[PDB]
Chemist: 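Starting off with a structure, shown below.
Position 1 is the first residue of the sequence, and the numbers go up from there. Numbering of ligands and ligand atoms starts at 1, following listing order.
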Amino acid sequence: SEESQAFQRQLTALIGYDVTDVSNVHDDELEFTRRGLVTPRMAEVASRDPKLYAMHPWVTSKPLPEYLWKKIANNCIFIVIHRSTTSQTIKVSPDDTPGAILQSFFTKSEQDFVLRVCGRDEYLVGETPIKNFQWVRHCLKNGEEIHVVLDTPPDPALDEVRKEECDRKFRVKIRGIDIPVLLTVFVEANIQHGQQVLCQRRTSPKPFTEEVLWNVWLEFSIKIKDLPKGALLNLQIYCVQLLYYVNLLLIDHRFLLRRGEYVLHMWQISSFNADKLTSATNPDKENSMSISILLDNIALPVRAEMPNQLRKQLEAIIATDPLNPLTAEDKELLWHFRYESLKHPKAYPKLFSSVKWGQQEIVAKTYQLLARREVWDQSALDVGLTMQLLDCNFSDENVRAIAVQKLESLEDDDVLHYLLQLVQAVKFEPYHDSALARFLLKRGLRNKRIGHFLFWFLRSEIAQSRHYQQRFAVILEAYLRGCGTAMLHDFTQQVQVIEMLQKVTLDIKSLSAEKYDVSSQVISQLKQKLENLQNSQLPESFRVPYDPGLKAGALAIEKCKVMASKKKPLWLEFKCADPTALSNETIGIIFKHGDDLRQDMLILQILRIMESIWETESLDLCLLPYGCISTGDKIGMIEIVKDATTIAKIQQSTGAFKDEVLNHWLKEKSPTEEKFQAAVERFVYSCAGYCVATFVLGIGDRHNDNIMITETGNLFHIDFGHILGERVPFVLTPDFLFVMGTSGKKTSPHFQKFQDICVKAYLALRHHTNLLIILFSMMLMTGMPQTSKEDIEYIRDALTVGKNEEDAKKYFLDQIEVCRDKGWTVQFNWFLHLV
Ligand SMILES: C[C@H](NC(=O)c1c(N)nn2cccnc12)c1cc2cccc(C#Cc3cnn(C)c3)c2c(=O)n1-c1ccccc1
């Protein structure tokens, strides 16, 4: 069909990679996967409700927190409903549905009308009490009135989906290696299963020539039958240093033992990270190192009661943290008493890490154990635990599948919380098709909000990671074929605008080097390029990728500008295309090159999780995880927080610092004394929040230039990629303390409170130690370009694993005192080392 080839062309532009391309593939797993993902696509497409899908209501089954109960008048909530002009405030109890409140309204075609939010693509619809809608909870947190506009439901017609159309020892021959351009070298051959080396053979050393030929059989001690599925033949070249690596799945996607002539182009090194695991080969055929190999070698098809001191010992092991490495003794015990270990869900990661995966007999027994998982099946979903099983330590389908099963019960609100980290977790899958990928796919097709971010998270990786672009593309394509016509058009708009505004960000950066500030003619160039794009190619309105509720429209070219930090990022402002919008405040977007934003995304997604945790223990520390989306290599977009400045500028209104300046800025920006005291309170929460959060994540030691505050006193850290690219545990400088009214070594009402909020928040995180450890662990492995055990075991020390709550109270309070004793020392030292 000529239609499908235009559609397939249409798809490739949205993805930024061609899945039909067969240049860098030596098997058809990628094609097999595309075929495979039709069934679950079409199933989910078929079973999804037209109406609710179109309106995509954002709701939660969670309780309303205490702090939001206290913000309510008298079991009564004021909703303001709008026509084309006039409006009426309605009194409503939190437990009313959108239908019930609609019935109550018309008293003052009833089922032909829906309560849309004013200024947003956000509907308050469906059998959910008004309190359970996220937009309502946002309004209640902020203390803003809840404004809606009655109008027609969106047409499901628009979400139309296009109809689609041997006991033999294993051995490998190393032929040799080959590269055009450039010591002693050898080829190391590893058989791995969940970064666990089963056997290793090293080829004899030879001179480091462009073409090194061996023609040698590396014979292993593992039988062919004993190879487990998802076993990777890891080939690495050495010289005391590792230079190149490549992987080959010894067992393929059809359960067949891999055989035949292979020539694999290798990835160069820039110990462990996600990129090391990829079955993909280097696409750059001209520069890269190749290796030639040959494979010829066949499908893969009443208990006595525990002692006290053993159950003790077992329960000890299971209780410990995920980074706690298991002794051989621990694993033998876990395995021997596996049927008892199966009764404890929190043993599972450890228990499956105790399996000999190089023994068909043991693997088979392992599988008999998973058949009797009534305990797991009935266990309350533990997300942290479920993540552990999807990390790099487990490369077994069945094991990994029980984790994915447990995720099925996640509400859409919770999926979003974890979606980024769950996309990154695909890097740990051994095969392109996997229960995880299908889960992602299914949940995105079910809910347009999840679908939207999924698009951007996959695309983020497709556009830079050569190690994983092929896999993510196939998954993305799969989603795009099911999301519907209204979304397709949305994404096309979005991607065009993004690519447009990237060119400008890059082109403007070419015009002025890091060496000097903004030029007049460069500003003149800027405002012409925008004039040009607005008039020529900018669409009338596009959806904001970091906040898909909001639709941005026409540029405020007057209000646009460019900074001078040598990064030279843009600062764009747009009118909101929605005329029903309550305010005329712009939509502020910052476009920047030269900064890796994948890091920022992950840190922020963790912040959002830390807030969700705190909500469960009746706490809100006014964190501000702004919108941020990596769009390509070193390029992304950032949400501009309105009425916000940096702590640095406040101080400069060389390297001299005054403690009071911060306090005076708040007095200046608050009209009323009450609003000053409200903002001083917001500062104490937000400071404590960011103090705790950054301490746990090992990123507290920032420069003032990297910290900001809103005019309403909401402090919030920024530029997290910068840190991950004489010390203090976190920024709690003398100015921050002067707001609280304490100076030197003293104490006051707000400082005594600050400390109450810190510890409470800190100990709340410790209640989810295991979750944060795994998210943090995973962040390092999938977020950073280059990671080690020493790094990962920081969070262990920062969360003070295996301790009482009072030693932890002590620890953190000591950390406060360290900040005070140092004062300005560290802030000062940046200027000193700069200059
Ligand atoms: C660092 C600061 N960041 C934010 O404002 C901010 C926000 N609002 N949301 N957000 C979310 C994540 C990260 N950052 C943020 C910031 C960014 C920026 C980005 C692009 C261009 C310019 C500019 C400019 C300009 C124009 N003419 N002249 C003389 C300077 C700027 C800029 O001036 N500032 C800045 C503001 C106040 C004091 C010091 C610097």
Chemist: At ligand 1 in this PDB structure, which drug or drug candidate is present?
Modeler: IPI-549
Chemist: Identify the main binding partner of IPI-549 here and report its name as listed in UniProt.
Modeler: Phosphatidylinositol 4,5-bisphosphate 3-kinase catalytic subunit gamma isoform
Chemist: Cross the UniProt ATP-binding annotation of chain A with the residues having a heavy atom under 4.0 Å from IPI-549, and give the overlap.
Modeler: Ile590, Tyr626, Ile718
Chemist: In chain A, which UniProt domain contributes the largest share of residues contacting IPI-549?
Modeler: PI3K/PI4K catalytic
Chemist: What is the residue-level binding site of IPI-549 with heavy atoms closer than 4.0 Å?
Modeler: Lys561, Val562, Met563, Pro569, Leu570, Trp571, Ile590, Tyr626, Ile638, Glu639, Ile640, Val641, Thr645, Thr646, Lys649, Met708, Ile718
